[PDB]
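What follows is a single structure, written as structure tokens, with notes after it.
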Amino acid sequence: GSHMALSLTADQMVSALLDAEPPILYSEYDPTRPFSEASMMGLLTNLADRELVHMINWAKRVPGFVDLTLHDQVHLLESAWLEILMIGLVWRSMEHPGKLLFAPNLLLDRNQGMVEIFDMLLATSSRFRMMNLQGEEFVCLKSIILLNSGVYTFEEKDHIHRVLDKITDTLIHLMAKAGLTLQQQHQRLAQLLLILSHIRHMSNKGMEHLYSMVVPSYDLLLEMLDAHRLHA
Amino acid sequence: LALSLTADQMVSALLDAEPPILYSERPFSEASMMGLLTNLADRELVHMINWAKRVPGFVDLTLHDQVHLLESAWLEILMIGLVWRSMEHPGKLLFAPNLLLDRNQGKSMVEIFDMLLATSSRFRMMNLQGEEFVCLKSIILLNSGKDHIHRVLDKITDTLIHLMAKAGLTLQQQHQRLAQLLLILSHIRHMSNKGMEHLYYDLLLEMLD
Ligand SMILES: CC/C(=C(\c1ccccc1)c1ccc(/C=C/C(=O)O)cc1)c1ccccc1
Ligand SMILES: CC/C(=C(\c1ccccc1)c1ccc(/C=C/C(=O)O)cc1)c1ccccc1
């Protein structure tokens, strides 16, 4: 059978998101690769390209996402894809202070690293470490980025907002079970959502660089989302 | 000092700090609109610096941090004001009572314009209240660019929740609304960044010092 998004309990929501999680990918094994700007950027581009395929699979499993039209799915992914890659990056890097774990075989320190955003990404990773962000909260945040980033760059909008309310209910439940008071729940929720505005900022600066050097477009993402129908 | 204030006095303080609605200087053009917008922005910025000094907790920061926050937040603060003023004018942006521009006038930017209109429509649909708006504007200033800032942000969160509880929202409705409001700040950020991209201390430092 199929659960509709708005019917899910907090436990069913977490289970759906944990199950949908993509794998941690490795960087290309290429030891003799040269050190240049275009070289490192190439490693990152190749990694991002492969993550994007898993990202589509993940997006299709975020409750409510397939309730939208293909056109609306593409708009949301086009808005969110870099923010999603970045929150993934910051999550992976939490146990490596001062470094970004692009992949288990591509752990970069500050001197190796992108001029403005590296320190921003490190700052974000530190803040999640401080707050002791849990995996269950992380998957909720990532789903929020997907549903929210493109909603006001666009009944059907109402549905997205009701799904977002469901994810918020799920976050609150996790925080209540963790032993936070009503007031602490509200403060921690607020802190997390303000960090999302920083991730948006980082994505914007990231995109500016990418457009000045093509980059994932409406048309690529439309093809990839549609191509999902043909997978195993 | 902010940490000692009640939720009601926070609200009162923020409402008292609010800056005035300014006027723009017959039909328009490109540079006519842009010069009018720049002149208005310049004048709004002076009032914004005076507003920030009255946001409880802001003047306790170092002058270096005050400058950094205002440099980071100024376009977001001008946009959230604009969107707030435009709430009751579907499909138009109320830059000033004498400067109300529809979508097609936006072409005289129309990327940014449509994004602003979408924000205004969202606030309308949510029935954003004045007491909530001033809390959001303060969050924008404090979050733009350090435990003291975090302490005040937690206080503003408490104050938002206090306002919702007083309006009779259930405990569930309280967290849902808080999230709805704070999610809009990601979009205000995005809009500010697109504006800054199109557009590309003395004033700040004089007024703040
Ligand atoms: C934040 C790091 C990063 C990535 C990246 C993030 C997470 C995982 C893998 C890579 C990035 C780099 C290039 C691209 C894609 C370029 C392209 O497709 O032309 C996408 C993302 C990036 C993004 C923009 C500018 C500089 C670096
Ligand atoms: C979104 C409206 C806007 C404003 C503006 C916002 C609120 C109130 C009045 C004007 C804006 C326009 C020009 C400036 C120029 C500043 C400068 O030249 O130093 C600043 C803000 C703008 C901002 C960036 C690009 C195009 C238009």
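Letters A, B, ... mirror the listed sequences (proteins, then strands); counts begin at 1. Read the numbers this way: they start at 1 and go in the same order the structure lists the ligands and their atoms. Basis for what follows: all heavy atoms, side chains included, without hydrogens, waters or symmetry-related copies.
- Lab note: drug at ligand 2, from S-warfarin, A77 1726, AMG 319, GW5638, identified as GW5638.
- Contacts with GW5638 (ligand 2) are greatest for the chain named in UniProt as Estrogen receptor.
- In contact with GW5638 (ligand 2) at heavy-atom distances under 4.0 Å, by letter: B.
- The set of residues with a heavy atom less than 4.0 Å from GW5638 (ligand 2) is B/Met34, B/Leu37, B/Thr38, B/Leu40, B/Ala41, B/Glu44, B/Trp74, B/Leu75, B/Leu78, B/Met79, B/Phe95, B/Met109, B/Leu116, B/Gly195, B/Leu199.
- Ligand-side atoms of GW5638 (ligand 2) in range of B/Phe95: 2 (C), range being under 4.0 angstrom from any heavy atom.
- Counting atoms of GW5638 (ligand 2) from 1 in the listed order, those under 4.0 Å from a heavy atom of B/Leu116 are 1 (C).
- Each of the following atoms of GW5638 (ligand 2) lies closer than 4.0 Å to a heavy atom of B/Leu199: 24 (C), 25 (C).
- Mapped onto UniProt domains, most residues of chain B near GW5638 (ligand 2) sit in NR LBD.
- Proximity to GW5638 (ligand 2) (heavy atom under 4.0 Å) is shown by these UniProt 17beta-estradiol-binding residues of chain B: B/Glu44.
- Under a 4.0 Å criterion applied to the non-hydrogen atoms of B/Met34, GW5638 (ligand 2) contributes the atoms 13 (C).
- Close contacts of GW5638 (ligand 2) with B/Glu44, meaning ligand atoms under 4.0 Å from a residue heavy atom, involve 8 (C).
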